[PDB]
Amino acid sequence: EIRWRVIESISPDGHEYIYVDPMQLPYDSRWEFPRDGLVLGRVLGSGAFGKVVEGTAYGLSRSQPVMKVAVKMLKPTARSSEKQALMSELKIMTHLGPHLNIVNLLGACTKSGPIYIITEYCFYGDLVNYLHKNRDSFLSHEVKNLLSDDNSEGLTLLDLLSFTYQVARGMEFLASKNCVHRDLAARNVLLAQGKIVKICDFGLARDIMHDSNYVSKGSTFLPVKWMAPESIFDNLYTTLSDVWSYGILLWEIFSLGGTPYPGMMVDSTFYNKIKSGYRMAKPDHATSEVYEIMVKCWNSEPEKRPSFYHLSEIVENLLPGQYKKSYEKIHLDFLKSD
Ligand SMILES: CCN(CC)CCNC(=O)c1c(C)[nH]c(/C=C2\C(=O)Nc3ccc(F)cc32)c1C
Ligand SMILES: [Cl-]
Ligand SMILES: [Cl-]
């Protein structure tokens, strides 16, 4: 099963959303890539129903003819409905199109054997792991030119703001396609060479059962600490509830990978506190301004939360003018790729 959902229509009220169904959408066979060409490496992440594997693609890209990529595939056991869910994920990726700040679809092997989804390889791994690895090196404080490069220096507040801006940009693209993530968290944000953040669903390769954050509910498991109240209590997911998750994500970022609501376990009294209006306090490294962003995203009234487009502007003003220049260039280069 896949978490991602694209909105097709809303009732006039509108208390009823209608989500596109992937199986309805057509798989463009242009994406097909010969299996022999692909080479499979060590497994990036393994879970209950499949895994993501590092790999190398030859001739997949005109720009880069020898490319390193991450491949998603189902386990052999391969329950038939799961096989459709992977095609579904593939169709959704095709429908959304590409963006700099998502893990992008590159190709697929669907014709003769297990289905393979080829995707961008993110050299630095998940954001949460990366923050933990660079925790001790953190100092607050031509620094701007280095930010969107692989050059080696201590993690700084500019980096954290760069991650913040890019995730917002990523959401805007997603929001702009009426796509609701429903599992936005630092564990679902990967980092690519050049320090480009890429939002993605880890779901098929990750196992929820082993992961501590997910809490059981009606035969499913929910990222409760990242969920807006309407998602918790009323089971409604919108772009506005993703904005809530984004605020929690910023807390993760500016606490250098801390667990949200530290010391608080998800129980009867937790739900009462979220319903009470409890919000987290400012994390240690959060600038006064960023915390204001977190608070705005945590508004109890969903329509009062800022739009993802709006957030990008707010973060852009917390960053030097040269950074936006550097991002626009990398934006164009990415679009010209291949
Ligand atoms: C750094 C230590 N890590 C274990 C804690 C192992 C190192 N590497 C890692 O974690 C790692 C890296 C470097 N990439 C991934 C996963 C993906 C990746 O890169 N692109 C993707 C695209 C799609 C996808 F679904 C997963 C990945 C991991 C888990
Ligand atoms: Cl855009
Ligand atoms: Cl731009």
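By the PDB entry numbering, chain A shows 556-696, 777-973, in order. Reckoned from all heavy atoms, side chains included, excluding hydrogens, waters and symmetry mates. All ligand and atom numbering here is 1-based and tracks the order in the structure.
The drug seen at ligand 1 is recorded under the name sunitinib.
Here, the chain sharing the greatest number of close atom pairs with sunitinib is referred to in UniProt as Platelet-derived growth factor receptor alpha.
Covalent bonding of sunitinib in this entry: none to a chain. In chain A, the residues contacting sunitinib fall mostly within the UniProt domain Protein kinase.
The PDB entry identifies the source organism of chain A as Homo sapiens.
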